[PDB]
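Accompanying notes for the structure given below.
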Amino acid sequence: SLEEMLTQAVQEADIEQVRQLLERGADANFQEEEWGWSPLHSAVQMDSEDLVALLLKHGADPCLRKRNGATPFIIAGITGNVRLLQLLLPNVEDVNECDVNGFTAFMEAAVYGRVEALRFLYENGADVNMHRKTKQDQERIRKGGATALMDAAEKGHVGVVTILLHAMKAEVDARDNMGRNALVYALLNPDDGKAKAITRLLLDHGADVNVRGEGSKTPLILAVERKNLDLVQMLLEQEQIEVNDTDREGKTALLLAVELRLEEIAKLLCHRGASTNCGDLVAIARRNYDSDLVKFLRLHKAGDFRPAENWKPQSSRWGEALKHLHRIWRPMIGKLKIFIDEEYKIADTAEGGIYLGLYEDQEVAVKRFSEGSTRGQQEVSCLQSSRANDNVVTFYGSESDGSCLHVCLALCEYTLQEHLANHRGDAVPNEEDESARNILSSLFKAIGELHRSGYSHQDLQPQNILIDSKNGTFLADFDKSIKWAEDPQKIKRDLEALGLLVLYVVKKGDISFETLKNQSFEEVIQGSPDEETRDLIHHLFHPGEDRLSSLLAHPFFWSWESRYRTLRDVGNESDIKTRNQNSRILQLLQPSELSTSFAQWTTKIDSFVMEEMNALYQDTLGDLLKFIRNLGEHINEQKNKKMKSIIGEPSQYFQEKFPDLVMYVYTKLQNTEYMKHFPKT
Amino acid sequence: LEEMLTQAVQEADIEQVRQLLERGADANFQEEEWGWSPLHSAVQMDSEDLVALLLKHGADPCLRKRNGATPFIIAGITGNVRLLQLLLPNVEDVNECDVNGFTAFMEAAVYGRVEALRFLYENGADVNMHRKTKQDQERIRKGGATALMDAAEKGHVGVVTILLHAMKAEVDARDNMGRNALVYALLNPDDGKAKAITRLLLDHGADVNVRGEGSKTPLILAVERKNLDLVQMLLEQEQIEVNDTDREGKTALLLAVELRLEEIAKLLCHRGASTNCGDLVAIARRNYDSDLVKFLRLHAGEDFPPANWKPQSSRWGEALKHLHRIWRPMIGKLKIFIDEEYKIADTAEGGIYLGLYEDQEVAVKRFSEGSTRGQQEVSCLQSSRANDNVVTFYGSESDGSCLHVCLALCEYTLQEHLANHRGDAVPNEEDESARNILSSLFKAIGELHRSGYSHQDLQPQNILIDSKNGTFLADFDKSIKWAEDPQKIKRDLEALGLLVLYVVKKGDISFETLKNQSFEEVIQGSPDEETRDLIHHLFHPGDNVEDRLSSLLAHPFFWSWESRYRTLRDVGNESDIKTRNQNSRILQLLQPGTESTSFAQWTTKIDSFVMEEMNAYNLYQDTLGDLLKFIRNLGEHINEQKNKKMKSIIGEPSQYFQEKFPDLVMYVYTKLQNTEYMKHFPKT
Ligand SMILES: Nc1ncnc2c1ncn2[C@@H]1O[C@H](COP(=O)(O)O[C@@H]2[C@H](O)[C@@H](COP(=O)(O)O[C@@H]3[C@H](O)[C@@H](COP(=O)(O)O)O[C@H]3n3cnc4c(N)ncnc43)O[C@H]2n2cnc3c(N)ncnc32)[C@@H](O)[C@H]1O
Ligand SMILES: Nc1ncnc2c1ncn2[C@@H]1O[C@H](COP(=O)(O)O[C@@H]2[C@H](O)[C@@H](COP(=O)(O)O[C@@H]3[C@H](O)[C@@H](COP(=O)(O)O)O[C@H]3n3cnc4c(N)ncnc43)O[C@H]2n2cnc3c(N)ncnc32)[C@@H](O)[C@H]1O
Ligand SMILES: CCN(CC)CCNC(=O)c1c(C)[nH]c(/C=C2\C(=O)Nc3ccc(F)cc32)c1C
Ligand SMILES: CCN(CC)CCNC(=O)c1c(C)[nH]c(/C=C2\C(=O)Nc3ccc(F)cc32)c1C
């Protein structure tokens with residue numbers, strides 16, 4: 001509280017209240033633990049000399065480093081009051097002391113365009129062509145090495161540039177670790193006049209003009225991109241200027257000037273040796289509606305330049321249209337290449353449609369929103385949280401053209417509805433449906449993960465589910481999604497739609513989803529072809545917020561083989577074989593319940609099989625399981641060949657003859673020790 | 001060469017045109033790609049001569065190209081009045097708009113073609129026509145801009161004034177977004193033109209409380225442009241709202257303090273702006289804006305913070321909380337601070353730091369924007385977004401001087417994770433963990449190859465584990481497209497071979513150690529035959545490599561002990577094993593001819609009680625057939641009441657048979673591998 005009242009006192013500039021507390025014994029070398037600021041640092045930054053004098057009297061160290069290694073002296077450079085620098089100098093060890101990023105009081109004077117402070121530190125030993133020496137991590141990626149000249153040029157301080165080159169002997173062609181010099185820094189400044197004046201000075205002193213800036217750009221290309229005839233004339237006054245220099249992507253200064261629709265700057269560039277076979281400049285002027293520059297371009301023809309098409313799309317369905325999109329010219333919206341044409345449309349939506357696009361040269365689906373849209377905001381928000389969810393469509397990023405939020409997504413081959421259509425004629429009519437389990441377990445996982453992330457979908461339907469080239473399934477179209485904390489029992493709608501999607505997929509897409517939405521709970525249950533489906537759906541309409549991942553353990557997701565295996569394994573328990581009425585197993589399998597389909601099972605199994613196996617089977621469940629166990633073990637032996645052919649495939653046999661069997665056993669053993677007989681799930 | 005010989009219209013010479021106009025080619029021959037006719041293209045190049053020559057030859061002036069554009073509309077662009085005069089008698093409506101809403105008048109407005117604009121106005125043209133677009137564009141609230149808005153946007157001072165005064169233009173016309181010409185005016189690059197057009201519009205009474213992109217007012221657009229003049233011009237209106245906020249809830253003043261604009265900030269305070277919209281003092285103070293600090297203190301942020309963001313990371317949690325709290329400027333969508341507190345690791349380039357990217361926690365790998373290595377990384381991550389066991393790529397941001405590569409944040413390295421979990425298994429118990437880690441890596445590298453890439457540096461430091469124990473492959477700065485150099489795939493597969501031993505040995509043998517060993521020494525280091533066999537397949541993948549990785553997932557190494565045992569039991573239940581039928585297919589596969597394997601004389605290697613009790617009938621023989629028979633029989637009966645003594649001697653039978661006979665599983669695997677009996681193997 002003491003030094004804290006001092007800290008406060010200084011911030012207020014109560015000179016007296018400071019005096020009292022210094023005499024009370026308060027530490028002027030106190031530093032707050034976050035950013036390392038001292039009362040001496042603070043007094044300098046706010047520029048009240050009285051406080052700096054008062055604190056220096058009380059032993060406040062002027063070489064005291066804050067978090068960034070800056071000392072109150074360094075800070076005075078930024079402040080630019082000369083009598084502060086006077087007051088701190090007779091305690092300063094080195095005038096060239098740097099913070100951890102290599103900054104000196106002189107650099108700081110240059111950065112803040114403080115002429116008078118620069119003069120003071122000039123006459124006092126301050127090195128003028130000191131490069132910033134930074135920490136090892138910054139150097140290894142070639143950061144640092146900049147100078148007061150480069151600093152002054154970037155900030156556009158005409159005064160400071162004049163004074164350094166002339167009065168102060170600044171090296172004009174000094175390089176930072178990136179290989180940049182003050183000219184590059186000069187050319188980046190937003191103001192026209194300031195940029196003009198600084199470039200002039202620097203050129204006349206012998207700044208190299210053949211230098212690489214950000215994006216491998218020359219000074220010339222920077223002058224072009226800025227649309228400044230003035231900055232381009234100065235740079236084209238020198239002969240050694242490489243006019244046919246290429247930036248990162250192979251764009252030339254001329255190419256750029258045609259592309260930007262800048263007549264004068266293009267012509268001046270031609271009259272100076274900008275070679276014309278760097279791209280079809282004529283066509284570029286033509287799409288620009290630049291009549292005048294066209295003619296001039298055809299008045300220097302060197303024949304008729306030509307352009308090789310390499311890029312192959314990954315998509316099969318969208319391939320040819322993506323080739324076309326890659327071929328034609330479009331302007332970019334950040335990292336996105338897009339064209340609002342029917343040829344490129346994927347689908348129609350509640351706002352804006354979905355089109356093919358290219359994002360960093362990768363194929364994408366692009367969902368469009370009005371940039372103000374609640375709906376677009378909900379989508380982007382949910383997608384940004386879903387990056388770890390493996391069964392959610394991959395999110396590339398979102399780009400704004402100012403009136404339209406573009407959401408870019410991985411491109412998929414088909415919607416679930418399409419996919420089921422294309423694969424409808426693959427399976428023999430009674431085959432086991434492995435495909436349905438895969439699709440639906442991927443959905444359970446996707447929705448389960450979406451819930452754990454705090455989001456609910458609200459519009460699960462088959463058009464929002466996509467299938468990729470490799471048969472994987474993904475969830476999509478988040479516009480109507482909500483953070484479920486807002487209303488926790490709205491999760492229910494996801495769970496109910498998932499129940500409808502169970503039926504949908506098990507029915508191989510033959511029943512439309514519309515139909516299934518107009519049906520009531522009991523109609524849906526009745527529409528189900530088996531008991532596992534019925535029970536699964538039931539559990540979705542009547543849930544217990546991690547129920548979904550537990551439902552992946554449900555016998556619906558057991559293969560026919562696994563189901564058969566579980567019945568055989570249960571039927572091999574000692575107490576089923578010895579018919580121990582005492583035992584815990586037969587206790588559990590013994591209930592109350594309604595009429596089963598295996599009650600008096602012995603009368604509905606072929607009479608030939610019945611005899612051969614009795615070679616004492618009662619109408620208990622226990623004796624059915626045992627029957628399954630023995631038949632499983634012996635079905636393949638020579639002496640059962642006639643039995644084998646009556647049965648056919650045994651898994652199919654038992655499940656068909658007794659549809660409720662697997663479910664009944666699963667229900668009875670679910671939370672018990674003999675749950676260990678279930679497949680590894 | 002009949003329709004493709006119109007380039008002359010390109011080469012613009014009248015001679016070849018007239019001459020081929022009666023040699024055979026359709027005047028209205030629209031090129032297929034965009035709908036450009038010789039009439040379209042002539043009007044665009046402004047050849048007074050070609051429009052005459054072609055209009056002589058019937059060519060329709062109402063003929064639409066791809067975007068719905070008659071050469072009339074295109075004369076509004078070129079601006080020439082006597083092209084518009086040659087065409088006007090052969091057009092139904094002068095106000096005929098292409099598919100995006102654009103009349104010949106708006107094209108005159110867009111390109112600042114002043115004489116053309118006059119000519120169209122007296123000939124009936126529409127000055128308060130909003131653009132009518134297709135329904136796709138309307139549903140997302142695009143279109144409905146007037147010619148006035150086009151003129152303000154392009155900054156044509158001529159055109160605005162003519163329109164406002166001569167042409168009765170509605171100043172406070174809105175587009176579908178809800179934006180007047182004023183909004184368009186302030187987004188102009190040119191300060192002077194912007195000043196001029198603001199003035200004209202403001203004095204005709206354009207709304208100054210409108211909203212543009214990002215919910216920004218005109219005032220906020222003025223402040224973000226850093227232009228005192230436009231700020232004064234707008235504050236000249238009495239009705240204006242100073243305390244209007246953008247989407248992010250920033251007031252115009254807040255923005256001025258933030259941007260180090262003492263003068264505009266002082267001005268906005270003098271015109272009644274609220275000083276309690278942010279901690280304004282602290283903002284000026286960090287900006288080193290001494291005078292403005294004084295000023296706001298003389299008036300302050302007394303009646304003003306916000307507080308709930310929770311990281312998902314447990315390891316990096318506390319530091320992510322710190323990073324969220326502190327103020328940083330953005331590098332695009334990324335929040336980062338280069339300091340030891342936030343540092344995850346050192347690299348050969350720049351280190352890995354914690355970051356926030358669209359408010360999501362991330363690891364940020366740093367490269368000089370120059371870097372070949374950074375380019376290789378971004379490239380390979382861009383092709384891997386579908387690969388589920390590659391670290392998620394969020395995006396890359398540039399500082400001008402540095403490439404930030406942002407990645408999903410993981411808890412641990414593979415090396416760390418194996419250390420932390422070294423205590424977890426009783427050392428005589430099945431290693432589930434190893435199979436999971438290694439199957440994810442097979443999947444990762446498999447898919448990485450399918451995408452055309454090879455890693456080149458697979459080691460445990462490049463493999464990361466997340467909060468839910470998913471394993472992810474990272475670090476592609478040394479990756480290569482293998483198409484150029486097809487056999488360098490084999491080096492990744494060798495590294496996988498090393499990683500197999502590393503992971504099975506639970507991290508006890510260091511990777512360095514293992515990289516110095518020869519292929520044969522590594523195989524010798526293997527604690528079992530499944531590992532031995534697996535690794536072998538990785539060091540010798542084959543020239544015809546292809547998807548060697550995907551077939552290896554089927555190998556007994558990835559079978560649980562439960563499933564190995566289940567397979568041996570199932571094989572043992574074959575009728576020809578039970579009848580000991582020597583002629584049969586199964587026994588021919590298992591056991592042909594006349595034995596070096598640890599199951600030679602297997603009857604003499606199991607406890608004599610078990611052997612004796614089991615003989616409850618030809619007593620059990622030293623054939624493998626009879627061993628599988630033994631395992632099936634034991635499997636079935638081990639838990640029966642009367643076999644309680646056997647059960648305790650054996651313990652868990654899977655563990656037993658594997659231990660007493662280490663080569664058994666592999667031996668059966670090898671014999672049944674591409675046979676019908678493969679159906680007894682587990683599922684994958
Ligand atoms: N003689 C020839 N021989 C062989 N090929 C040729 C020839 N001549 C040209 N080509 C090839 O044609 C290709 C481009 O097609 P195009 O020039 O025929 O028509 C353009 C484009 O495809 C098509 C694409 O539009 P877009 O999807 O990008 O969508 C643009 C935008 O989103 C929307 C603006 O509306 P708003 O939101 O602002 O209300 O409309 C479009 N637009 C913008 N400014 C426009 C304007 N001033 N006037 C009319 N429409 C404008 O529209 C034409 N176009 C684009 N920018 C334009 C502009 N600034 N002024 C006038 N027309 C423009 C070119 O790529 C070129 O290769
Ligand atoms: N009186 C006070 N009392 C108590 N607390 C206070 C007080 N005043 C401010 N605070 C609080 O402290 C926090 C930290 O503020 P700070 O100024 O101590 O430290 C900043 C940052 O931590 C720290 C690291 O910043 P960074 O990682 O963004 O790194 C910036 C850059 O990447 C790096 C190298 O740049 P270069 O070599 O490539 O050009 O140095 C930083 N830098 C840039 N310009 C600088 C300059 N002119 N001078 C010194 N450093 C500069 O440096 C301080 N800083 C940043 N920009 C600055 C600039 N333009 N001028 C002066 N200092 C600057 C502030 O955020 C604030 O909340
Ligand atoms: C088969 C006939 N169809 C009528 C039902 C017409 C085809 N059109 C359709 O059904 C259709 C619909 C309604 N959506 C899509 C595609 C996507 C979607 O919605 N979100 C996405 C996100 C990413 C992506 F890469 C594709 C999509 C199609 C093909
Ligand atoms: C002894 C452990 N120390 C703290 C207790 C920390 C030391 N740090 C270490 O060992 C270490 C190393 C050498 N790499 C990582 C992490 C990553 C890496 O290399 N690429 C990535 C890409 C993404 C990502 F999300 C994390 C990483 C750590 C934590």
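In what follows, every chain begins at residue 1, and chains take the letters A, B, ... in the order their sequences are listed. One-based numbering, in listed order, for ligands and for the atoms of each. Reckoned from all heavy atoms, side chains included, excluding hydrogens, waters and symmetry mates.
- This structure shows the largest set of contacts to ligand 4 coming from the chain the PDB entry labels Ribonuclease L.
- Located at ligand 4, the drug is listed as sunitinib.
- Contact chains for sunitinib (ligand 4) (heavy atom under 4.0 Å, other chains only): B.
- The residues of other chains having a heavy atom under 4.0 Å from sunitinib (ligand 4) are listed as B:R315, B:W316, B:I344, B:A345, B:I352, B:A363, B:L407, B:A408, B:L409, B:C410, B:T413, B:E416, B:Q461, B:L464, B:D475.
- Closest protein heavy atom to atom 1 (C) of sunitinib (ligand 4): B:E416 OE2, 4.4 Å.
- Atoms of sunitinib (ligand 4) lying under 4.0 Å from any heavy atom of B:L407, numbered from 1 in the order shown and given with element: 22 (C), 23 (C).
- What sits closest to atom 8 (N) of sunitinib (ligand 4) on the protein, heavy atoms only, is B:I344 O, 3.2 Å.
- Residue contact check: B:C410 has heavy atoms under 4.0 Å from atoms 25 (F) of sunitinib (ligand 4).
- Ranking the protein heavy atoms by distance from atom 20 (N) of sunitinib (ligand 4) puts B:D475 OD1, 3.6 Å first.
- Interface atoms of sunitinib (ligand 4) facing B:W316, defined by a heavy-atom separation under 4.0 Å, are 29 (C).
- Atoms of sunitinib (ligand 4) found under 4.0 Å from any heavy atom of B:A363 (numbered from 1 in listed order, with element): 23 (C), 24 (C), 25 (F).
- Atom 14 (N) of sunitinib (ligand 4) has as its closest protein heavy atom B:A345 CB, 3.4 Å.
- Every atom of sunitinib (ligand 4) with a heavy atom of B:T413 under 4.0 Å away is listed here by number and element: 14 (N), 15 (C).
- Atom 3 (N) of sunitinib (ligand 4) has as its closest protein heavy atom B:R315 NH2, 3.5 Å.
- Nearest protein heavy-atom neighbour of atom 25 (F) of sunitinib (ligand 4): B:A408 O, 2.9 Å.
- Regarding atom 26 (C) of sunitinib (ligand 4), its nearest protein heavy-atom neighbour is B:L464 CD1, 3.7 Å.
- In terms of protein heavy-atom proximity, atom 13 (C) of sunitinib (ligand 4) is closest to B:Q461 OE1, 3.7 Å.
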Report every pair formed by an N or O atom of sunitinib (ligand 4) and a protein N or O atom separated by less than 3.5 Å, giving atom names and the distance to 0.1 Å.
from, atom 1, to, atom 2, distance (Å)
sunitinib (ligand 4), 8 (N), B:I344, O, 3.2

